[PDB]
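Figure: CP-547632 in its bound pose on Mitogen-activated protein kinase 14.
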Amino acid sequence: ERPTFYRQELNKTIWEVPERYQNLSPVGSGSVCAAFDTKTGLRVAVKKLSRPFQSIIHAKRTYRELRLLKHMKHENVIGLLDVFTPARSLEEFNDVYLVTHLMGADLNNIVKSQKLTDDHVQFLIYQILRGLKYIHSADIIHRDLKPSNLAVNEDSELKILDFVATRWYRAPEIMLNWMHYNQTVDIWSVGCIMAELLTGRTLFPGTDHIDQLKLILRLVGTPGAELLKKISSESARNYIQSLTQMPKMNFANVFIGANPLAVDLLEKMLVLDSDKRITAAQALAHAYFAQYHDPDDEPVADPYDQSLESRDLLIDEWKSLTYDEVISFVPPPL
Ligand SMILES: NC(=O)c1c(OCc2c(F)cc(Br)cc2F)nsc1NC(=O)NCCCCN1CCCC1
Ligand SMILES: CCCCCCCCO[C@@H]1O[C@H](CO)[C@@H](O)[C@H](O)[C@H]1O
């Protein structure tokens, strides 16, 4: 039934964890301990949520985190090994712990600013897209994909996480608060990430927000005619007007001696017009990933309720709902 729990002090707070989890050790600030799940053999990250039910917006966040994590069932996407609470009733619920695979390094810790081989980039980017295809099939946009959101083990096996200047991988529309994003915001991010692995260099290293935008326009050129027609705001329309022409650079010269398949994929991801960017499903089918591509093991998600978290409710209802998600949780198939 319910497992036995044990208590120990950690991070200015008492952690009450099941028995099966051992040698907890703080490895970040909620706050996280690294631990060994003796039950399963795995190294895990165990997250104690700081103040999950503080406000309407915290409680809302808790419930939405749990619900997304519980929905994420894919090799290339972080997923939940366990969720627990000491509480033996709702009356007494306030503490939430999440459990997932301990990961030792992210894509800065692999990248070491050294350029990777084509075959390695192929593999890493393949996995990102495999993972993205699936997130996107759930009508989930990630919105802030970047090396530090990309977890990787010693064998180059990758997982997308939700958690370096954090703006370098952002879709330009996000930085212009465009507010009706396509899924292809993530594709922009992958493009910048891919470019970086191949070259060893940040592709758009903006020092500030506008410089960032400036570096991008150097690469792709200025909004062409068909993109310019789409600017809702007049003044942008009008400012963007007041720029001069500058034509896209030839990526082949920007990416000197890269596999031309990679260049060609870079050219389909790094299109200003989000409506013209290659999708993840399409990019997986790109001849660049011929060695990895398999259309029968690149699985979609069950659909997922975006509005069901955007309710206006009272802390007690969020907390009751989160409680129900904690109770109903069934660990993944190992
Ligand atoms: N995943 C992990 O191993 C991890 C982690 O997971 C939090 C966490 C949960 F606890 C539970 C759920 Br559910 C989701 C979730 F994101 N917080 S820190 C950390 N790993 C770590 O500090 N390794 C040693 C330092 C290397 C830098 N690494 C690269 C990747 C992460 C930082
Ligand atoms: C300063 C001009 C550079 C920014 C151009 C960004 C164009 C991004 O693409 C735009 O994204 C929108 C979704 O957010 C779509 O609705 C538009 O149709 C699409 O053209």
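Throughout, chain A uses the PDB entry numbering, with the displayed residues spanning 4-32, 36-169, 183-353 in order. We count ligands from 1, going down the list as the structure has it; atoms in each ligand are counted the same way.
- Taking every instance into account, the structure holds CP-547632 at ligand 1.
- A heavy-atom separation below 4.0 Å is not found between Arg49 and CP-547632 (ligand 1).
- Against a heavy-atom cut-off of under 4.0 Å, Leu104 is close to the following atoms of CP-547632 (ligand 1): 13 (Br).
- Protein heavy atom at the shortest distance from atom 24 (C) of CP-547632 (ligand 1) is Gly110 O, 3.9 Å.
- CP-547632 (ligand 1) places these atoms under 4.0 Å from at least one heavy atom of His107: 1 (N), 2 (C), 3 (O).
- With ligand atoms numbered from 1 in the order given, CP-547632 (ligand 1) contributes 9 (C), 10 (F), 11 (C) to contacts under 4.0 Å with heavy atoms of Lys53.
- The protein heavy-atom contact nearest to atom 8 (C) of CP-547632 (ligand 1) is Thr106 CG2, 4.2 Å.
- For CP-547632 (ligand 1), the nearest UniProt active-site residue in chain A, with the shortest heavy-atom distance to 1 Å, is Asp168, 5 Å.
- Contact analysis leaves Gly31 out of contact with CP-547632 (ligand 1), as no non-hydrogen atom separation drops below 4.0 angstrom.
- Of the listed options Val30, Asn159, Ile84, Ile84 places a heavy atom closest to atom 14 (C) of CP-547632 (ligand 1).
- Scanning all protein heavy atoms for the shortest distance to atom 23 (N) of CP-547632 (ligand 1) gives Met109 O, 3.0 Å.
- Numbered from 1 in the order shown, with element, the atoms of CP-547632 (ligand 1) that lie under 4.0 Å from a heavy atom of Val38 read 10 (F), 17 (N).
- Lab note: most residues of chain A in contact with CP-547632 (ligand 1) fall in UniProt domain Protein kinase.
- Proximity of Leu87 to CP-547632 (ligand 1), defined as any heavy-atom pair under 4.0 Å, is not found for any part of the residue.
- Listed by atom number, the atoms of CP-547632 (ligand 1) under 4.0 Å from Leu86 heavy atoms are 13 (Br).
- The proximity of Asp112 to CP-547632 (ligand 1), defined as any non-hydrogen pair under 4.0 Å, involves the side chain as well as the backbone.
- Using a 4.0 Å cut-off between heavy atoms, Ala111 contacts CP-547632 (ligand 1) through its backbone alone, with no side-chain atom that close.
- The deposit names the source of chain A as Homo sapiens.
- Heavy-atom contacts of CP-547632 (ligand 1) within 4.0 Å involve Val30, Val38, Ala51, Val52, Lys53, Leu75, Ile84, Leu86, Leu104, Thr106, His107, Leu108, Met109, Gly110, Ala111, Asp112, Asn115.
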Find all protein N or O atoms under 3.5 angstrom from an N or O atom of CP-547632 (ligand 1) and list the pairs with distances, or write 'none'.
unit_1, atom_1, unit_2, atom_2, d
CP-547632 (ligand 1), 1 (N), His107, O, 3.4
CP-547632 (ligand 1), 3 (O), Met109, N, 2.4
CP-547632 (ligand 1), 3 (O), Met109, O, 2.9
CP-547632 (ligand 1), 20 (N), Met109, O, 3.1
CP-547632 (ligand 1), 22 (O), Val30, O, 3.3
CP-547632 (ligand 1), 23 (N), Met109, O, 3.0

